[PDB]
Amino acid sequence: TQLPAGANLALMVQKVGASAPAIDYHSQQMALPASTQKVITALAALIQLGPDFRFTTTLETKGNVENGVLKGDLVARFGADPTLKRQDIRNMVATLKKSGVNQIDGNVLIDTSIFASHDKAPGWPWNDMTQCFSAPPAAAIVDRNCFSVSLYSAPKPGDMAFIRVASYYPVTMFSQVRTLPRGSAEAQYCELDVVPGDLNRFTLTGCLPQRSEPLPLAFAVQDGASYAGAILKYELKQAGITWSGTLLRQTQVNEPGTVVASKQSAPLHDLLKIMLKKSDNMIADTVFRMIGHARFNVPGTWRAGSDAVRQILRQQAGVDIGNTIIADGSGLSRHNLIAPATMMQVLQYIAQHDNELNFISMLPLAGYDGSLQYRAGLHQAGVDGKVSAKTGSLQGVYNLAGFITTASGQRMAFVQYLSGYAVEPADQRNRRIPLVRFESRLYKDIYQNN
Ligand SMILES: *C(=O)[C@@H](NC(=O)[C@H](N)c1ccccc1)[C@@H]1N[C@@H](C(=O)O)C(C)(C)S1
């Protein structure tokens, strides 16, 4: 129990298939799940979409092709594939050319109709939206909608710091950054900021102290449709395909044209494995809106995703999540709220159906992979290779949800929702001892005593 001052612990530990818990500490109390939400996303995804689902992107033609000229529109139909790469667009364009299209007497349509409404879930902090871990998981993703930039201080203080960016990234960078002399009075409270604008404009503002080396930065693309469009436009031009119209967005549901090129992701089981092992927000959130699209046959939205996951858990898994709030697939949202006792029902379902789902093998294994390769507390408890669990991690939050095989060989499911492991400013970069000692004793206890 003895953690630092002010932290909030809800904890439940329960033998697989048992009706009573071994440990029950505030298990009914709802908490922020953070990335442990991905356990629920993966279960709902496997039930709704199946392990063999693949994300799809196509180039389609609407119109007849006469002497190499398409009389009509080229449609690039995006499908929320989180693994789509620039190369993939290049290869699809190569295929289009090879099929005999040299020219489009028409428009080039960037079709995102698979999804609708905002590409950002309710409850996501605005300030993180330009960080790649929170890049809007839109229908149109290329290279994870994340790009990098180099910021160089100016040789002469007072002059503008300047930005280098690879020419192939269709973004527009502006610097309003003032370079500060060493010892400037401004260093303390002058911030270095990124301000996103329309059409993938970014302005860097504020101050940068002199440095000998450039500062590397990575940012999230805010308008994936425009970004993918510019990549497509560039690849069309390089392949020698001309067009008379313009690049337009297509957002309304429409009958497919003739598929001339396509790309499918790896199978969903493989993607869910990456997601659980590495805690991939983008895979979780593209999956989440896909679940709603599939279940209700409507463009995927956050609301449809939430409704669908609740229905799938109740109807296929027998889990009534009650007053649980599910806002997204990744757990980014500060709106997500769930009790250890509700997550426990999910974990029990997974364990009972694990031979069907092949689910537990996707979770990080303590001491081997993903997020638990070295978790000090688990290592020190002597439980490496005995815990398969999903982390939920952000400032002051140390959640864990999954399974442990005990000294007697009994498998137990557990949920540790721990937050407010906040520290005073003067110790903010050190916060470890109590957690590690707590986890070491706890999982040692659970392991040895069960
Ligand atoms: C799940 O809890 C996710 N956490 C976040 O997105 C946090 N906003 C965050 C924490 C630290 C750094 C950047 C973002 C995922 N789990 C994290 C983890 O496993 O450490 C993550 C960084 C891979 S994102």
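Per the PDB entry, chain A residues shown: 28-477, in order. All ligand and atom numbering here is 1-based and tracks the order in the structure. Going by what the header records, the deposited coordinates were determined by X-ray crystallography, 1.6 Å.
The name recorded for the drug at ligand 1 is ampicillin (open form). The name UniProt gives to the main binding partner of ampicillin (open form, ligand 1) in this structure is D-alanyl-D-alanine carboxypeptidase DacB. Note on ampicillin (open form, ligand 1): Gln64 sits outside its first shell, no heavy atom being nearer than 4.0 Å. For the pair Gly419 and ampicillin (open form, ligand 1), a heavy-atom separation below 4.0 Å is found. When non-hydrogen atoms are compared, ampicillin (open form, ligand 1) lies under 4.0 Å from neither the backbone nor the side chain of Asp307. This entry records a covalent attachment of ampicillin (open form, ligand 1) at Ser62 OG. Taking a cut-off of under 4.0 Å to the non-hydrogen atoms of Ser62, the atoms of ampicillin (open form, ligand 1) that pass are 1 (C), 2 (O), 3 (C), 4 (N), 15 (C), 16 (N). Among residues UniProt marks as active site in chain A, the one closest to ampicillin (open form, ligand 1), with its least heavy-atom distance rounded to 1 Å, is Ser62, 1 Å. Around atom 10 (C) of ampicillin (open form, ligand 1), the closest heavy atom drawn from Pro60, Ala61, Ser420 belongs to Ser420. According to the PDB, the organism given as the origin of chain A is Escherichia coli. In chain A, no residue that UniProt lists as binding substrate has a heavy atom under 4.0 Å from ampicillin (open form, ligand 1). Within 4.0 Å of ampicillin (open form, ligand 1), judged by non-hydrogen atoms, the site holds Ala61, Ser62, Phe160, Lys305, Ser306, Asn308, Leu359, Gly419, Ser420.
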Tabulate distances under 3.5 Å between N/O atoms of ampicillin (open form, ligand 1) and N/O atoms of the protein, writing both atom names on each line.
residue                          : atom   : partner : partner atom : Å
ampicillin (open form, ligand 1) : 2 (O)  : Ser62   : N            : 2.9
ampicillin (open form, ligand 1) : 2 (O)  : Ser62   : OG           : 2.3
ampicillin (open form, ligand 1) : 2 (O)  : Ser420  : N            : 3.0
ampicillin (open form, ligand 1) : 2 (O)  : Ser420  : O            : 3.3
ampicillin (open form, ligand 1) : 4 (N)  : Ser420  : O            : 3.0
ampicillin (open form, ligand 1) : 6 (O)  : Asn308  : ND2          : 3.0
ampicillin (open form, ligand 1) : 16 (N) : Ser306  : OG           : 3.3

